[PDB]
Structure formats: C-alpha cells, structure tokens
Q: 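Structure with indisulam attached for reference.
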Amino acid sequence: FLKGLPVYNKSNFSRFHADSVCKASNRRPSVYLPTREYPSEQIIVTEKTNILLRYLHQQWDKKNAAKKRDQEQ
Amino acid sequence: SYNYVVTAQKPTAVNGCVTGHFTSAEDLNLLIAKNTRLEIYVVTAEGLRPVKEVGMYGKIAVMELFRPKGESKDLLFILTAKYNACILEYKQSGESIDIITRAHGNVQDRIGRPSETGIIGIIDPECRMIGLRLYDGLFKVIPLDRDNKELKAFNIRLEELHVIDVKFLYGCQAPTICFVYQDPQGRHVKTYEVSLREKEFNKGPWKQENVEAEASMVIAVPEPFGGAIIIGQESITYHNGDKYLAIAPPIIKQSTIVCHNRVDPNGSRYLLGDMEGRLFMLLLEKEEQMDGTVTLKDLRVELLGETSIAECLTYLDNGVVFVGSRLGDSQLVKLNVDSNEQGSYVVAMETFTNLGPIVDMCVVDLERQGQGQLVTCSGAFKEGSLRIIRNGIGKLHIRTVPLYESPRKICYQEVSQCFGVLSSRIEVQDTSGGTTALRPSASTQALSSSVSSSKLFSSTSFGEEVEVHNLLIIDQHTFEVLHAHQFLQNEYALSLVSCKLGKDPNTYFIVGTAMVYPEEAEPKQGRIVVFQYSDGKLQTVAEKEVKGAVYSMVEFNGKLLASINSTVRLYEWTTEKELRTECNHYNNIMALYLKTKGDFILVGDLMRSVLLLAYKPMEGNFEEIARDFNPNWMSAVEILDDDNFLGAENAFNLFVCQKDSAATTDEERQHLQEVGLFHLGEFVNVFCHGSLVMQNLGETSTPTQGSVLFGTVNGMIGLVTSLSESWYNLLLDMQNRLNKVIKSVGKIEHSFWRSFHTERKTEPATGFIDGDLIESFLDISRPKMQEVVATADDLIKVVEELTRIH
Amino acid sequence: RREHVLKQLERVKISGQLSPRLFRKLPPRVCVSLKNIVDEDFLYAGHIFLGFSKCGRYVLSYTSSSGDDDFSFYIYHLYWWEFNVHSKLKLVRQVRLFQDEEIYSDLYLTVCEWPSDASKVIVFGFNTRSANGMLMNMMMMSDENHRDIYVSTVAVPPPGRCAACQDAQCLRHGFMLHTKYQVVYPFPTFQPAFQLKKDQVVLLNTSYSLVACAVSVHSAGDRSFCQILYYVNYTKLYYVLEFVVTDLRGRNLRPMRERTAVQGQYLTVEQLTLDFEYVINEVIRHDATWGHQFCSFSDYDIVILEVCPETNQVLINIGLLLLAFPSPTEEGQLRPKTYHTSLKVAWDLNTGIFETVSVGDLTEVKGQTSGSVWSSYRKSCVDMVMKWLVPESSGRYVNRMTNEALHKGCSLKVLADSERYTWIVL
Amino acid sequence: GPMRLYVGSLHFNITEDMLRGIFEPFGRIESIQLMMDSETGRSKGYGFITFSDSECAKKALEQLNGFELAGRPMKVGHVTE
Ligand SMILES: NS(=O)(=O)c1ccc(S(=O)(=O)Nc2cccc3c(Cl)c[nH]c23)cc1
C-alpha cells in the first residue's frame, strides 16, 4: 500500500499533544541575541572580470597553446 | 519628521521549511523561514521542541541544509532578498548556544535584472558547488572548498533568458543543472554540465525535450532512479535520457500543484500540494535490474485529502507532515493508512496561527471602552477569516472567525453594533448554466440573505472560475453572519465605508463596485451603492453609476470622497437621498489609496507616488497642494499630521514626505521632500490610527506622539509613532552603539539592512528608528549594557518606557 | 489570454508581489493627446517632441530653425517641459545647442540620458556628409569623404531648492559643454548604449582615436576627485562661474577657466585618448602570430563590444585592412596580398593601459569591395554583442531619444513613460 | 535619391544605428526608416533604407540579401513607395 512511510525514530511524535480546537500562536523559540564575535574562515567574493572578456581571453590562450605544439607532432 | 517603527506581532506566514541534522548529527531538525525569522525545532516524542529563533537582518530567500565531506553535521546556506549570502554552523558548548558564520559576502551584480520567478538557490548533491539563479541570462556558481580563504563566485551566461525552475541532478560525474525555460516556441527542458575548471556549461547529458505550456516545477529524483520530474497544469512527466513517462490525471487539472516534498530517501513517494489545499501522493514504481541498477516502471497520483493551502510541505517522521502555509494557518498532519467516513487519509494534529495576509483591518473598543481591539480581514479563499486581536492582561490574544472565503474590506457600524465585511467566493460553472459553490461559506450560511435587484446594466464559460462578491453584516459579539447581500453577476465589491452623510441622521454602509466581464479586461463601469442596516434587515437606499472602478472611499466632512480609476471625486448627499458630484481631480494614474485630515486629502497612486489635495469650501473644488516627485509604486498611505505623510512602497520600504518649510516660491511649495527612509522588509496593505493599549487611566508623559498600526502580507503587525528631535537624536546614537555590541548572524550590517533599496536607488535609513533593535537592550547581559558613554548606567528608565506601547 | 486588471490587483494584496515587470503585458493606464496638453496651438513653432526623461517628470523637445537668408545656417534649441497628466505642459528650460556653430546641413540629433546620473544629458548631432569649400548654384554641396559630429552636454533643471545665491533666473548647474570633430570613411558606428554605459563619461570614436570624456561638478569639499586615470595622452581642466577642443559656457556664454586652488563650485573636464595606430602596431609587434608577415595597414574600423563601469574596462574590436606576405610555403613568388583581420583590445580607464584579448587570423580579401569588408566585419560585431546579451535592470539603461520627423524617416506615433504606463499620443 | 530598399526579416533587437553601420560602408544614405511598434516601443523587424546612388544600393543588396544577421537571414529588395 501507499503507506509504509519513513521511520527515523519510532519515539518521534508518540507522546505528542496540545489538545485545543484550531489555535496555537506560541512563539516558544527563545530569540537568539548574539554578543560574542567569532571569526569567519571565508569571505564570499564575486569575480570582477566580464563574461565576454573572460571567454575571449581563455579562448585565445587555448589557440596560443595549440600553436606552441611545435618541434614535431 | 522622526518616527519609531516597532513590532507588535512578528510575521506568522511560513515562507519556507527545511529538514536535516543542523543542531546535532543525531537530531532531526525542522527549520522554518518566517520572512526574516528562522525558527529551529528538534523532532522529539512530544512533537516539535523549540531550540532558538534566529532574527536575520534580511528576508530569507534561500534556505538549504547541506553536508560537505568530513563535516560532523549539516551546514545551513542562507541567501537574503538583499543578496547577502552565508554558510552557518550550529555550536552548543553545554548551555551556550552559538551560530558560526563560516563564510559571508554579498553576491549582487550591478548588471542583471531580477528574474520573474524570483531568487532560486540550489546545492549540488556531492556538495561541489552552490548554484544561484538571481538574474536573467546568468547562473552564479559558488565553488565549495574549505582550502582557500575566499569563495570566488563566478557567472556563466545562460542562453535561455527566461528560466522557470532549475535543479541539480543526482548520479552525475560532473555537476549537472536541469531546467525549464520559456521562449516563443513554448516551454522546454534542458540540461547542462557545470565546469568549475573552465567556468562554463558543457553539452547536457540528455537532449532538449518539449514540455507542457504551464510546466512550472522541476524535481531531482535521488541517485537510485536519477533524472527529473516535471509538473505542469495537466500532466506530470519523468525524464532520464531516452527514458520518458507522462501521465495526464484529470484530477490535477482542476487546481495548480504549487509545492512538493520528497517522502522517501530513494524517491519512491512525493507529496504534492494544490492551490485548493488538496494533498496528493506521487508514486514512482521501482524496477530492479540484474545489473544492480534500478529504473522507473510507472507513475501514479493518489488524492490523500485536504490541508491548509500549502506554501511548503515537509514530511517529519512516522506519517507526520508539516504543512507550511502563507494564506492560512500552518498545520501538523497525520498520514493514516485507513481513510475516514469522508474518504480522507489525512488527519489534523495541530493548527498554528497565521494572521497573514492582512488585506484590511480596523481598530474598535469591542469589549469595554478605552481598550482597543484590531479586527482584521485575514487569509484568502477557503482559508479566509476574521482575526480579533487585543493586548490581553492575563501577551497578545487572537480570536479566529473562519469564513471559508476571501475577506476583502472591513468597517464597523457602532449604531447597528456590527461589522460590514466585503467577501468574495469562487464558483465554478456546471452543465446547468448556473454556477455552484465549491464549499459552504459565510455568504451561503447567513441567517438572512438578499440578491442585488438593480437593473442599471440592462444590456459565461464552463469550468471557468468566477468570483461572487457579497456584503456581509457580522454581529460584534457572536461574529455570526446576520445578513449577506449578493452583488450583481460579474460585479466586484472593492471599497467600503460606514458613515452619516449631509444632514441625514442615518448611518449607512456605502459600497464602491466594478463590473468585471470575461469579454473585457478593463474596468469601464461600476456603482456606488448606499445600504442601511436596520432592525435585522438591510435595505438598498440609493445607487450612482460610475464610469469605472470605485477603488477607495472615505467620508469627508459629511460628503462621500471616492476614487474612480484615475479620478478623485467628491459627492454630496441631497435631501432626495441621492449622490451629486461636487468636484473632480483628474491628474492621477491609478488612485487606489485615499486618506483625509480636515480639508486635506492624501492621494496614493499605484504607480505615481503620493499627492496632496486641499478641498476649498468657498470655491467648492479641489486644489493640488504638493506632490512627491519621487517614483514610488505604493501599497498603502497614511496621514501622520497636517504636514507629514507616511507611505508604504512595493520594494518593502517606508517613506515620509513633508511640505517644504524653507519654500519661497509657489513651485517649491508644490514639492513634498522625503525626510524619512526605512527598509521595513514587509509589504504593508493597511495603515490604522489606533493603539492596543488603554487610553490613559493612569499614564505618564510619553516619549512618543501619535499611534499608527499596520498590517502586512506576512501577518506582521507593527506600530509607527512620531518622536521628538531630542528623542530621535538620543535613540539614533543608541541604535549605532547597540550595533557595535549586538552581533549579526551572517555578518550583515544593520545599517545596510535598513537602507532604502530599490532597482533604481540605494540610500541610508533616515528619520526612522528600529524599535526592535532598541528594545533588545532589555534582553542582553548587564556587563554588555556598556553602550552608554555620558552617566545614568541604568538606561532601563527609557526602553521599558518605549515597550509600554504595542 | 490577458487577465483582468482587478484580478491582478487582488493578487497583489495576498502575495505582496507588485512590480512594473509583473504588469508589463498591461495596456497604458492613461493616454493624453499632445494637442490637449500643448499651449499656443494651431502652428506652435518647430517643436519636435523627443520623449520623457527616465524620472518621468520632464518631456523633452527640440527646434531646427533653418532661417531663409539664402545662405541658411541652422540653429538648434533643447526644451524641458514639466508633465502633469491631463494638465497643460509648462516650459522649465530653453537652451541653445552648439553655440557659434556654422550648421550648413540639417543634423540628425539624439538626446541621451546616463544610466544613473540624472544631473546632465548629452546631445549627439551629425550630418550625412561635411560641407565642402565650394559652391554649386542651388546649394553649398557636400564632401563625400568627411562627416561632422557635434557633441553637447547640458545640465538638467534642478528638482527644486538650494543655491539661492542668484546675485542679480540664473543658477549654479546651468552649464554647457559643447564640442565638434570630423570623421573619415568607414564612418564610425553610433553606439549610445555602450558610449554612455559609464556615468558622467562619453566614449567618442574620431576615426583615429577613442576619447573618454568625463564632465563632473564639485563643491569645495575635498572628498572626491579623478574618475578617468585613477604612456598615452590625458588632459584635466578646471572651470568656475564668473585631444578634442571643448568650449564651455553657462546657459548662454563662457565661464572663467580656473586652476586647482579656487574655493567654491568647480567643473572638471577630463579627456583620456587612446591612439588606434599605436594600439594596432603594438598588438601586431608583441601578440600577432603573423606579425613577421605584416607590411602595413590600409584602413581600420573600431567598434565597442562591452563597457564595464565597475572595473572601468572598455572592450573594443579593431577591424583591420592590411598588406602582408603569405605563409612561408612556396607555390611560386610570394607577393604581399591584402587581408582583413580583427584585433580585440581591453582598455583600462583607471591606468590608461590596454591589453590584448584576441588576435584574429588573416583572411584574404580576394578582390572584395572595401564596403563589403566593413559591412561583414560590423555584422560580426552585431552577432557577438547579440550572442553575449544579458538583460539589465531598468533605471540602469541609457535613455536614447530620437524623432526623425524632418529626416524623411517620418514622425513618431507615441512618447511613452513605461514605468507609469503613460503615453503621449502625437 | 535613386534607390529605396526594403530591409526585412530582422531580429527585434537590431537598431537603426546598427542598420546604418551595416549599410553605410556601401555608400551615402539619404534616409533610414526602421519601423517601430507603437504599443511596445520595439522594432517590427523591417524598414526602408534609401541610398543617394542606385549603384551603391545594388551592391548593398547583392552582399546583404539572404545573409544572416543575429542568426536571422536578412531580406533586401528594391521598393517604390
Ligand atoms: N539590445 S542590445 O543588443 O543589448 C544593444 C543595442 C544597442 C547597443 S549600442 O547602442 O551600443 N549600438 C551598437 C552595438 C553594437 C554594434 C553596433 C553597430 Cl554596428 C551600430 N551600433 C551598435 C548595444 C547593445
């Protein structure tokens, strides 16, 4: 049948309930208010070179390396 | 002008839901994106255990969990609407909970226009890269490698300039993107291999395939099956090289599939959510081969039942599914093997409050006077409701009145002790000729009912969805629908007002309508209808034919002020009980919003910012006083005071423009200088003068003057109060000093987040104070309250005096 | 299948998604006839309406007064009019373009706006051919080998307020820069989207060089300076109120030429020039694989391929007609043949340095027309630009205004303000 | 001028300035008429180029008719009015 649904832990939702008719505006998660500063391993940076300029530069380097094939086959 | 913007109710709509092992390798987490807020939960025996709420300085546009090689547990990638990108790690040293910013940086390009189907962020199954679709004709690649101190992102030109959806495929040697694109020939599917070495696209593993015209979603089926599922309006298709399967189930044709969820890790079962709220199960029939490989034998869809209209579906565990909703309440549902008496396999376990979208609201002293209560028009379609909100001593208290149809406008009539609510219901035409209601609603279950017997417009399609507009008369105590007045066939009720006009001692319900015929897409005719609700019965008093759509209506010194398309028109109420045109203003584009204060009128245009009109009682005509010459697409307007006006714009910013005080010439007096700019991050639909706090009855000189409540699409309720130049200068230095101590997840500068931003300009925040950052001072530790430099160390005299509102 | 406006407006309230891009398939909200918003009707001068400003506040127009004095010298004026939906247009600025200029033939003039810099507009004007040094009864007669280019930068009316320092009307940013140069065959292409991709800068192709011209105004705040150049020619000049020859003026006549030390409002005129022949020779000498075979070059044609305002890089293509010895292979005598090629060069506006991006192979002309060669080379540039096309943000585009009503190309039908969905029907 | 030419089957992004750049090398142009769609503000993919000398126009027609521009084969022919 359509049901033989994933079980990550049989205990999950086995003791669940709040038992109320269509109502729960509970913002139970405590807000995270950071004070401690921890360094970053990396900084995400965008490549400044234009896509056309990048392509024309590498395509010319492909053509040049193909010409440096000299002194036999 | 100087203002204080504070949150009374945080956004309640669910914009995105994701699962994984973020807090621990063994913990099964549920991560909810509520606009700017990230809610972390652990799935336990009791249900969802709350962890922490992360307040990002940005609208969460991309939220995906991923695990690179060697990593202890999953990492979270977040991309904001302002293009701030970050990789986050959860750290817990016993009791101390901390979120580490692994990598941060802005990925915005000066070139490139944002795409129609908005920011898409995908992560490669082998975690070789992150792929971003922000702009048309560009694909951003973020290589994932811990070895280098920088993550050097690069753009690859995408020939297909109109991409609908994109996914990274599983079981691939090189990272591979599968996408649906539109062009004059229609919609098609395409694949490309991503080369990190060459920084380009290589020929796709499988050729271009012509897909359905309304093909909207791409599903990447995991490693066993491989390939991609495409969902359209009329069909579901599977694609993996020469392998192809297409199904046309007539059931899915009725409503658009908008979300999907992989149930099985192998990809055998998928949950599919409808615009109607219907829940489906997509079944992928397995085909085990002698080679050790697996293929797809068949595709089958089964209707499971009904849920809230889902934005995101998320299987959690043991048949329990999270239904993330933005047009209604969110839910926890149970998938049972056995179906009930109705024939449904789905059973609701819990309901979570969502006030959004708030389309209209009003402030009323319902139960006891002086204590204000908000009465909103919430949700849409079957999720449509009224929400009664109040600051209840013994924080916020919400009462839900389900309507099972779209609430549009709300007004209160104290003399009648009731609410006048505009509602719309969807009706589908059958083989009978007449349209039938899908489900019972507030307009069909009313105690007494009436139909519009108007003959003014003296001179349909099967399956086509039509809107049936009604004026509902709702009791203020029971919230029962006392009366339902059905407007004309194809008539749309747009505006609503409750007032006394001229010398008439009777209070009326006035409705501005528009005729919406299937033949023409433009509103060329409407009506202004005057109704009176007496001892149980509602009667039609008068009707005035207009040459367009009645967008807004405001009572104006005993007269009826209405906006008909591009015209702003003033009406008088004659002794013959008829409406007579006094004056007109024609210099508008789409006059959608109107507000009044004395002889002054604030005109909000949908495309051409805001305009100030003054009615001259001696001349009996309008005068254009000033204009905000700045280009703004407006969502809502408000009059703060005689010379200051508040505006809400389409790029989720707030602005305040004022009459020029240093203006010498008549031309300079006609210019409204913008003196207040702030990035709210919410789309404001309604502004209201009011408070949820008791009048006075024991009160002290407030640091702020005025009180403007506002309702947004995300269900967020906020306050705008005007501050003194002395209070502003104090809190401005405080705001900047608090930013040096209060850290930011993803290393996004607060000043950047709050800056006025549009596709045309980016200017810093001015004349506005972020009330949520100022109020966070009460939650930090005593040794970290060191933001004060000349004495008065106990700054709890202020801040706590500021929390007194809301 | 077009949807009802009211269904779309209903969708905005529940989605929070409102944009001009979303409403692009919607018809104009308001259409005004020019006749109903124009004053002094019946035959109100020679006003050729060009269109709306990017901000949608001004409607621009121009006049071409021939002046039948037999000899006939053209006078050009540019007008700014305030638009107010159904109300009549109000003139806010009347300016004279190319002062003291002997315009012998009717110029094709185009008014352009910068991507984000709204403080000034640029007016390009060109004749079909240059006026000769002769006369043939009926008219002056043209020079088939030359063409004149007139370039004028005019300040836009202030949005209102400040600099009440009148001292009698006239103001502070009521400046005018105007220049004139001659071009030879193959007459350089007009590329306003690229020539103005960088704010406050105009790139000019004078057949022999590419001139980057930056015009900027500064107050006596030492916070900002030099956009062009943080070796080939660079000239910086200063001007206060009260190589391409540029004569500055106020809204009517000449300002005082000043040097650095001046404390008050000052204008800067910068010119970075790139010599084509020096570039061509330097590319052949250092990067062309066939540089040994090269003898000389007959002619060249420069087309801009891309302008990157963030990295201050200008990508240009150089179409080259040259004479070269054929490959060392002996099939008889090796007489030099005429070949066509193309060199791609990236010019850094910050350093002034140029870098070789691509060197094309030598293609034999084989008795082709010079015109056939340039036409084919320019089709190859259009092909490249179209192929690498990436749509841009609105309000970053170059507003190009034209109305060739007098140039046998006939008058415009509609002047549109797309962001406000407003049409002026002529 | 002796010869008016119909230029058709153009890509909608091709501007009047591009058409001038592509046809001008053959000789003097009296007028260019790129046809614009009033409702969109974009090209109709066709126009009229009038040369001052018929021989310049005939050579332009020979070298440009049937050949691709932005992947679209250009259509060039003689036209009266
Ligand atoms: N719509 S577009 O393709 O993005 C586009 C459209 C116009 C421009 S232009 O204004 O810079 N002109 C332009 C560019 C390239 C070649 C030529 C020739 Cl030859 C004459 N004018 C050219 C750039 C890009």
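Chain lettering follows the listing: the opening sequence line is A, and each later line takes the next letter. Here chain A follows the PDB entry, giving residues 4-76 in order. We're sticking with the PDB entry numbering for chain B, so the shown stretch reads 2-395, 709-773, 780-1110, 1125-1140, in order. Note that chain C carries the PDB entry numbering, so the residues on display, from first to last, are 32-199, 210-271, 386-397, 417-600. Since chain D takes its numbers from the PDB entry, the residues it shows come out as 248-328. In listed order, ligands and their atoms are each counted from 1. All values below come from the heavy atoms of this structure, side chains included, with hydrogens, waters and symmetry mates left out.
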Q: By the name used in the PDB entry, which chain has the largest number of heavy-atom pairs within 4.5 Å of indisulam?
A: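 The chief partner is DDB1- and CUL4-associated factor 15.
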Q: List the other chains that have a heavy atom under 4.0 Å from indisulam.
A: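 Counting heavy atoms only, the chains are C, D.
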Q: State the binding site of indisulam (non-hydrogen atoms, cut-off 4.0 Å).
A: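 With non-hydrogen atoms counted, the site is C:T230, C:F231, C:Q232, C:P233, C:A234, C:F235, C:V556, C:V559, C:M560, C:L563, D:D264, D:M265.
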Q: Which protein heavy atom lies closest to atom 7 (C) of indisulam, and at what distance to 0.1 Å?
A: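 Of the protein heavy atoms, D:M265 CE, 3.7 Å lies nearest.
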Q: Which residue owns the protein heavy atom closest to atom 15 (C) of indisulam, what's the atom, and how far is it?
A: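 Residue, atom and distance for the closest contact: C:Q232 NE2, 3.3 Å.
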Q: Help me out: UniProt Zn(2+)-binding residues in chain C, which have a heavy atom under 4.0 Å from indisulam?
A: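 Counting heavy atoms against the UniProt list, it comes to nothing.
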Q: Find all atoms of indisulam within a distance of less than 4.0 Å from any non-hydrogen atom belonging to D:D264, and give their numbers and elements.
A: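 Close to D:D264: 20 (C).
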Q: Counting non-hydrogen protein atoms only, what is the nearest one to atom 24 (C) of indisulam? Give residue, atom name and distance.
A: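 For this ligand atom, the closest protein heavy atom is C:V559 CG1, 3.9 Å.
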Q: List the covalent partner residue and atom for indisulam; answer none if no such bond is modeled.
A: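 In this entry no covalent bond is modeled.
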Q: Quick check: does C:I478 get an N/O under 3.5 Å from an N/O on indisulam?
A: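 Between C:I478 and indisulam (N or O atoms, distance only) the closest approach is not under 3.5 Å.
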Q: Among all protein heavy atoms in this structure, tell me which lies nearest to atom 19 (Cl) of indisulam, with the distance rounded to 0.1 Å.
A: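 For atom 19 (Cl) of indisulam, the nearest protein heavy atom comes out as C:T230 CG2, 3.6 Å.
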Q: What residue and heavy atom of the protein are closest to atom 10 (O) of indisulam, and at what distance?
A: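 Here the closest protein heavy atom is C:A234 N, 3.0 Å.
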Q: Among all the protein's non-hydrogen atoms, which is closest to atom 21 (N) of indisulam, and how far away is it?
A: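 Protein heavy atom at minimum distance: C:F231 O, 3.1 Å.
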Q: Give the name the PDB entry assigns to chain D.
A: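 The entry lists it as RNA-binding motif protein 39.
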Q: As an exercise, identify every atom of indisulam less than 4.0 angstrom from a heavy atom of C:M560.
A: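 Those atoms are 3 (O).
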Q: Name the UniProt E7820-binding residues of chain C with a heavy atom closer than 4.0 Å to indisulam.
A: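 Going by UniProt and heavy atoms, it's C:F231, C:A234, C:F235.
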Q: Suppose I only count heavy atoms of C:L563 and a 4.0 Å limit; which atoms of indisulam are within that range?
A: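 Once the distances to C:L563 are compared, the set is 2 (S), 3 (O), 4 (O).
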Q: Below 3.5 Å only, please: the N or O atoms of indisulam paired with protein N or O atoms, distance on each line.
A:
| from | atom 1 | to | atom 2 | distance (Å) |
| --- | --- | --- | --- | --- |
| indisulam | 10 (O) | C:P233 | N | 3.4 |
| indisulam | 10 (O) | C:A234 | N | 3.0 |
| indisulam | 11 (O) | C:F235 | N | 3.3 |
| indisulam | 21 (N) | C:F231 | O | 3.1 |

